[PDB]
Trainee: 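Quick one: the structure is below, and I'll ask about it shortly.
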There are 2 protein chains.
Amino acid sequence: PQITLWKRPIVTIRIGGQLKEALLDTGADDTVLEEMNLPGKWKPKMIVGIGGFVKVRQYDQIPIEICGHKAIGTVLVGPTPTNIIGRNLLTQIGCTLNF
Amino acid sequence: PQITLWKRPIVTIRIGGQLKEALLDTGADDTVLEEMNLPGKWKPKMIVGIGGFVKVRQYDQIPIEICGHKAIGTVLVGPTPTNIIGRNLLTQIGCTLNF
Ligand SMILES: CC(C)(C)NC(=O)[C@@H]1C[C@@H]2CCCC[C@@H]2CN1C[C@@H](O)[C@H](Cc1ccccc1)NC(=O)[C@H](CC(N)=O)NC(=O)c1ccc2ccccc2n1
């Protein structure tokens, strides 16, 4: 579908049977979810936001359903005020910006 | 244009006769550029993202050309790690997300 920008481009996501909302964020390199126990091994990572760096945990090959579209990839988990879907997964669902 | 997300959706903007690079950013409410001089009385403003708060200077009704498309709106100026074009201006240039 086409998603307009008058309000925040937030969509339903599904991950491990969890139902959540998330931002479709063309400015995020990476996908950052609020805190949750994901399976598998995680590595610590420092990522940049507008206010500075935060420490997060990187899990790989995590499947996630975005707006009825299957995606599988790297997911970062840390102290974010919002679930954020980044370019790494946005490309997988064929998302473009148009103007 | 249609812009894909395998690389950062970075474009050239023109502002105040200056050319700059900025990130097309659907997950940002606001347009935030690195420190520079703009004409006008400006309000001190605090904004927030990942890593927390940023102190910025709010300039209103600023003309800015984004990839050939003209906008006139609010530009926040401050110690952001990267220039970003947010929804306040993405909407002015008719920008949508599509998959
Ligand atoms: C998610 C992560 C991988 C860390 N990426 C980023 O954060 C990159 C970092 C880049 C380099 C530095 C400058 C910003 C760009 C773009 N950002 C993405 C980017 O799109 C980012 C995502 C985001 C959304 C919501 C909450 C937090 C963070 N937006 C923002 O930082 C902008 C700043 C603004 N006022 O416009 N934010 C917000 O719109 C915003 C909205 C509600 C909030 C509620 C509580 C706390 C913070 C909130 N921030």
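Letters A, B, ... label the chains, following the sequence lines from first to last. What you see of chain A is 1-99, where the numbers are those given in the PDB entry. Numbers in chain B come straight from the PDB entry, and the residues shown are 1-99, in order. If you check the header, you will see the structure was determined by X-ray crystallography, 2.2 Å. In listed order, ligands and their atoms are each counted from 1. The figures here come from the full heavy-atom set of this structure, side chains too, leaving out hydrogens, waters and symmetry mates.
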Trainee: So what drug did they put at ligand 1?
Mentor: saquinavir
Trainee: Which macromolecule makes the most contacts with saquinavir (ligand 1) here, by its name in the PDB entry?
Mentor: Protease
Trainee: Find all other chains that place a heavy atom under 4.0 Å from saquinavir (ligand 1).
Mentor: A, B
Trainee: Compare B:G86, B:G51, A:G86, A:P81 and give the one whose heavy atom is closest to atom 46 (C) of saquinavir (ligand 1).
Mentor: A:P81
Trainee: Between the candidates B:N83, B:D25, A:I84, A:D30, which shows the shortest non-hydrogen contact distance to atom 3 (C) of saquinavir (ligand 1)?
Mentor: A:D30
Trainee: For saquinavir (ligand 1), which atoms have a heavy atom of A:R8 less than 4.0 angstrom away?
Mentor: 41 (C), 42 (C)
Trainee: So which of A:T26, B:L23, B:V48, B:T80 gets nearest to atom 48 (C) of saquinavir (ligand 1), if we judge by its closest heavy atom?
Mentor: B:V48
Trainee: Mind telling me which species the deposit lists for chain B?
Mentor: Hiv-1 m:b_arv2/sf2
Trainee: Between A:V54 and saquinavir (ligand 1), find which residue part has any heavy-atom pair under 4.0 Å and reply side chain, backbone, both or neither.
Mentor: neither
Trainee: Record the part of A:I47 in heavy-atom contact with saquinavir (ligand 1) below 4.0 Å; permitted values are side chain, backbone, both and neither.
Mentor: side chain
Trainee: Quick one: which of A:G49, B:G27, B:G49 has a heavy atom closest to atom 38 (C) of saquinavir (ligand 1)?
Mentor: B:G27
Trainee: Pull out every atom of saquinavir (ligand 1) sitting under 4.0 Å from any heavy atom of B:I50, numbered as shown with elements.
Mentor: 1 (C), 4 (C), 27 (C), 28 (C)
Trainee: Name the residues that contact saquinavir (ligand 1) at heavy-atom distances below 4.0 Å.
Mentor: A:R8, A:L23, A:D25, A:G27, A:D30, A:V32, A:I47, A:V48, A:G49, A:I50, A:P81, A:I84, B:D25, B:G27, B:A28, B:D29, B:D30, B:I47, B:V48, B:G49, B:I50, B:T80, B:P81, B:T82, B:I84
